[PDB]
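A short write-up of the structure that comes next.
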Amino acid sequence: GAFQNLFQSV
Amino acid sequence: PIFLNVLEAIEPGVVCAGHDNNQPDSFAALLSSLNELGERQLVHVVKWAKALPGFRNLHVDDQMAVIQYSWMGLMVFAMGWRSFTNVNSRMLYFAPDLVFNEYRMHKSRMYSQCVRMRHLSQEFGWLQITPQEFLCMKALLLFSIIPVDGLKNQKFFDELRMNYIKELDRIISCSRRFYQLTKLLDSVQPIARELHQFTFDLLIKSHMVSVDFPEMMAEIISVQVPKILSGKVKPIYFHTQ
Ligand SMILES: C[C@]12CC[C@H]3[C@@H](CCC4=CC(=O)CC[C@@]43C)[C@@H]1CC[C@@H]2O
């Protein structure tokens, strides 16, 4: 989930 | 020129690696710093990509996928450009605080890969690549690697890729030039593949060699990069290899 978390955070 | 206005406007600025240049060069230190630089640049690549013309046309899963597949090529291509503009390809300008001379190329254990990257850098000179050509080509690299079995919405991707090819052609003897630039774009992919293999192998043995991988790098290299190395995800070449 680390990439997705970045992606969704902006 | 709306499209080029946007590409110039969204282009990331300077990213430092945080490398301690006072420490003697070592494989572990150089590679740990490269890994941290990748983690930092990833943040910029995501912010840049999400701001690209038409990018939101893609299914959100595909938006995430193309970034996770294409980052190596994107970053190598930009690095080659920085190397060309800053040190006339004399060294690999990974970051202002992480510039590779030949000694570092050797100590990194990536000399062959660095050679290829320096060659790419030199091509920007040999072909007299313009900033506007560079930006359009770099954008196209985001849309140049996909799963063999297709994306979630392949149609929206195909349309987007088509339009970025059209934007490149319009920025572009024209046939000669288009041939040259597509050849240069293709040349990024074998370099990216060699780096994919190298970083994957390094991650697996990272504990044995004191090389640190940050969180996103470790995740992406273990979850997504193997799809490329196993052949499930492949580059799109212009010319047959
Ligand atoms: C993947 C890697 C860390 C990230 C590096 C990569 C070499 C290419 C590169 C160029 C950049 O400008 C950002 C960092 C990256 C993307 C390195 C090769 C081995 C190392 O593990």
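Chain letters run alphabetically, one per sequence line, in listed order. Chain A is numbered as in the PDB entry; the shown residues are, in order, 21-30. So for chain B, numbering is the PDB entry's, and the shown residues are 671-842, 851-919, in order. Both counts, for ligands and for their atoms, begin at 1 and track the order of listing. Reckoned from all heavy atoms, side chains included, excluding hydrogens, waters and symmetry mates. According to its header, this structure was worked out by X-ray crystallography, 1.9 Å.
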Can you identify the drug or drug candidate present at ligand 1?
-> testosterone
Most-contacted chain for testosterone, named by the PDB entry = Androgen receptor
Heavy-atom contacts of testosterone under 4.0 Å: other chains = B
Binding-site residues of testosterone, heavy-atom cut-off 4.0 Å | B:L701, B:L704, B:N705, B:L707, B:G708, B:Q711, B:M742, B:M745, B:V746, B:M749, B:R752, B:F764, B:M780, B:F876, B:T877, B:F891, B:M895
Any idea which protein heavy atom is nearest atom 5 (C) of testosterone, and the distance to it?
-> B:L704 O, 4.0 Å
Give the residue and atom name of whichever protein heavy atom lies nearest to atom 13 (C) of testosterone, and the separation in Å to one decimal.
-> B:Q711 NE2, 3.3 Å
Specify the UniProt domain of chain B contributing the most residues to the contact with testosterone.
-> NR LBD
Looking at atom 12 (O) of testosterone, what's its closest protein heavy atom, distance included?
-> B:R752 NH2, 3.0 Å
Specify which UniProt 17beta-hydroxy-5alpha-androstan-3-one-site residues in chain B come within 4.0 Å of testosterone, measured from their heavy atoms.
-> B:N705, B:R752, B:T877
Does the protein place any heavy atom closer than 4.0 Å to atom 20 (C) of testosterone?
-> yes
Tell me, which protein residue and heavy-atom name are nearest atom 16 (C) of testosterone, and how many Å apart are they?
-> B:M745 SD, 3.6 Å
For atom 10 (C) of testosterone, state whether the nearest protein heavy atom is under 4.0 Å away.
-> yes
Consider every N or O of B:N705 and every N or O of testosterone, then say whether any pair is closer than 3.5 Å.
-> yes
How far is atom 1 (C) of testosterone from its nearest protein heavy atom, and which residue and atom name does that atom have?
-> B:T877 OG1, 3.2 Å
What organism does the deposit give as the source of chain B?
-> Homo sapiens
